[PDB]
Every structure is written in structure tokens, then in C-alpha cells.
> 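Just downloaded a structure that has oxaprozin in it.
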Number of protein chains: 2
Amino acid sequence: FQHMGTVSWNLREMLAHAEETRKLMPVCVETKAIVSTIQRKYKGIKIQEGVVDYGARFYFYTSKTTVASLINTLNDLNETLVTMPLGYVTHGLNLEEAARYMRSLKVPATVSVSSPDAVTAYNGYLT
Amino acid sequence: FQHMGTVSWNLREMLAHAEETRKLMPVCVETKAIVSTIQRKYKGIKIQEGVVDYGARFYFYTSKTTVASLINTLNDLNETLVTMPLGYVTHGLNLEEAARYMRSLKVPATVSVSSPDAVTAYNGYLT
Ligand SMILES: O=C(O)CCc1nc(-c2ccccc2)c(-c2ccccc2)o1
Ligand SMILES: O=C(O)CCc1nc(-c2ccccc2)c(-c2ccccc2)o1
């Protein structure tokens with residue numbers, strides 16, 4: 001997968017990169033720590049489902065949207081992503097099963113995991 | 001990041017260092033000026049994707065390979081690098097966002113930027 005690569009970026013690193021590049025950043029609106037950080041960093045943002053371009057360019061989704069449907073949607077949007085592994089924790093998936101879904105991503109993406117060791121493990125599951 | 005240091009070496013200085021040390025030197029094949037110099041200094045070289053050991057030890061990549069994927073691959077090769085900031089200009093990244101990706105390099109690397117002033121800026125961004 002030449003179009004996908006894995007780093008270990010905290011939220012501030014992801015947001016800073018997304019701010020500068022305008023890459024699309026998926027965000028699960030049920031993850032309170034991320035939603036709260038976004039609401040504080042970009043005062044006045046009206047978080048809603050779908051694309052919200054305000055401060056950074058977000059794709060807000062609910063965990064009621066199944067991972068494969070989310071990936072289907074993101075593929076159709078045809079935007080480069082900065083993202084965490086989709087479905088990981090939010091949909092009750094472990095890292096390996098999140099990686100299995102991410103194989104269906106056809107858009108370029110930077111995938112951020114928790115630690116440098118998780119980078120190696122995730123890439124192993126992905127391939 | 002004790003395994004990475006920043007210098008200001010032009011292309012000929014980078015090639016001379018690579019030729020003697022056999023450190024792996026990533027090269028973006030879309031950067032015509034660099035490719036033409038390599039073909040001139042190392043006549044007969046067969047440029048193709050991946051490791052090419054001819055004159056110097058190169059890793060040729062296309063900008064269709066995402067920056068994080070390239071760093072994943074270079075980390076897996078486990079070779080010491082002589083390199084420019086990956087993604088800078090070639091992937092539409094400024095120096096700061098290139099430096100952000102470079103934080104994921106786990107192999108030792110000498111990073112060459114365009115001027116001594118850029119050494120200061122890059123080191124500030126990297127940390
Ligand atoms: O004003 C209206 O009618 C809707 C406004 C709205 N707020 C939210 C939100 C806002 C903050 C946190 C979590 C949810 C949503 C929403 C977002 C994702 C998926 C589905 C819905 O939609
Ligand atoms: O003959 C064969 O087997 C391969 C021929 C080849 N030439 C090139 C090249 C040669 C010069 C300039 C820019 C590209 C590539 C290539 C290099 C990097 C990434 C992808 C492809 O591949």
C-alpha cells in the first residue's frame with residue numbers, strides 16, 4: 001500500500017498537520033476528549049455529521065455508522081486523510097481488525113496510532 | 001532524537017558522502033535536477049523504484065508513495081540514511097510538516113537542508 005503510511009501522532013500533531021494541509025480528518029463524535037479539544041481549539045465550530053471545514057477540515061461520524069460504510073464514504077470523497085485506524089476502540093475492534101477494514105481505503109492516508117511499537121504491529125496486521 | 005542530525009550539504013556533497021559511507025540515500029525521481037545530476041555522475045545507472053546500489057546506494061521513490069509509507073519502508077530496511085527532509089516540496093509540504101513526518105524515522109540519519117538558516121528552522125520544527 002504505497003498510498004497509506006503509519007505514524008504515531010498525538011491529537012495536537014494531527015490537528016496541526018490537518019490545519020496546514022487541509023487534509024480531511026475523520027473524527028468520531030462519541031470520543032469526548034477529541035470533540036472537547038476541537039470545540040476549544042476552534043471556538044464556534046458547529047459539529048455535525050459529514051464534512052465540516054472550520055479550523056481544520058473534519059469528517060464527523062457516529063459509531064452507528066459501520067466502519068466499511070464510513071470507508072465507502074471516504075473513498076467517494078476522494079480526499080487525502082489524516083486519521084486514526086477506523087473502528088479501533090470506537091466500534092469495539094482491536095488494532096488487527098481495524099487494520100483489516102483499512103485495507104479497503106483507496107484514498108491516500110496518514111494513519112496515527114498510539115506508540116511507535118503500535119506502528120510496527122499495525123503495519124503487520126495491515127499487510 | 002540523538003540518532004538524527006541536521007546539516008547543510010548540497011547535492012554533490014551528499015553524493016560524495018553517500019558514495020564513501022554506503023549510507024542509503026532516498027531520491028525522489030520526480031525531482032528532475034537531482035535525477036539528472038545522478039545520471040551524470042554515475043553514468044549507466046539503471047534508475048528504478050527501491051534500492052539501487054550503483055555508484056552510491058540509493059532508494060528511488062515516486063511522490064505517489066506517501067511520506068509516511070516511505071518512512072515505514074526506510075525504517076524496515078534498517079539502513080543509516082543521508083537524506084533531505086522527506087516530503088518537503090516533493091509532496092507539497094513545507095519544512096515544518098516535513099519535519100513532523102521525519103520524527104517517525106527510527107534509523108540513524110543525516111538530514112541535509114538547503115542553507116544553514118534552514119538547519120535552525122528544521123531543528124526547531126523537529127522538536
Ligand atoms: O442541529 C441539529 O439538528 C444536529 C446537530 C448535530 N450535532 C451533532 C453532534 C455535536 C457534538 C457531538 C456529537 C454530535 C451532530 C451529529 C454528529 C455526528 C453524527 C450525527 C450527528 O449533529
Ligand atoms: O525497467 C524497469 O524495470 C523499471 C523502469 C523504471 N524507470 C523509472 C524512472 C527512471 C527515471 C526517472 C524516473 C523513473 C522507474 C521508477 C522509479 C521510481 C518509482 C517508480 C518507477 O522505473
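Per chain, numbering begins at 1; letters A, B, ... match sequence-line order. Counting starts at 1 for both ligands and their atoms, following the listed order. Heavy atoms only: backbone and side chains are in, while hydrogens, waters and symmetry mates are out.
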> Which macromolecule is the chief neighbour of oxaprozin (ligand 1) by contact count, per UniProt?
Papain-like protease nsp3
> State which other chains have a heavy atom under 4.0 Å from an atom of oxaprozin (ligand 1).
A
> State whether any protein heavy atom lies less than 4.0 Å from atom 1 (O) of oxaprozin (ligand 1).
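False for atom 1 (O) of oxaprozin (ligand 1).
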> Taking N or O atoms only and a 3.5 Å limit, does A/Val29 qualify as a polar contact for oxaprozin (ligand 1)?
no
> Does some non-hydrogen atom of the protein lie less than 4.0 angstrom from atom 17 (C) of oxaprozin (ligand 1)?
yes
> Please report which non-hydrogen protein atom sits nearest to atom 20 (C) of oxaprozin (ligand 1), along with the residue it belongs to and the distance in Å to one decimal place.
A/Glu49 OE2, 3.4 Å
> Hey, quick one: which UniProt domain of chain A is doing most of the touching with oxaprozin (ligand 1)?
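The answer is the UniProt domain Macro 3.
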> Return the residue, atom name and 0.1 Å-rounded distance of the protein heavy atom closest to atom 8 (C) of oxaprozin (ligand 1).
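Its nearest protein heavy-atom neighbour is A/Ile47 O, 3.2 Å.
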> If you draw a 4.0 Å sphere around every atom of oxaprozin (ligand 1), which residues of other chains have a heavy atom inside it?
A/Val29, A/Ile47, A/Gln48, A/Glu49
> Under 3.5 Å, N/O to N/O: give me all the pairs between oxaprozin (ligand 1) and the protein, one per line with atom names and distance.
{"from": "oxaprozin (ligand 1)", "atom 1": "7 (N)", "to": "A/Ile47", "atom 2": "O", "distance (Å)": "3.1"}

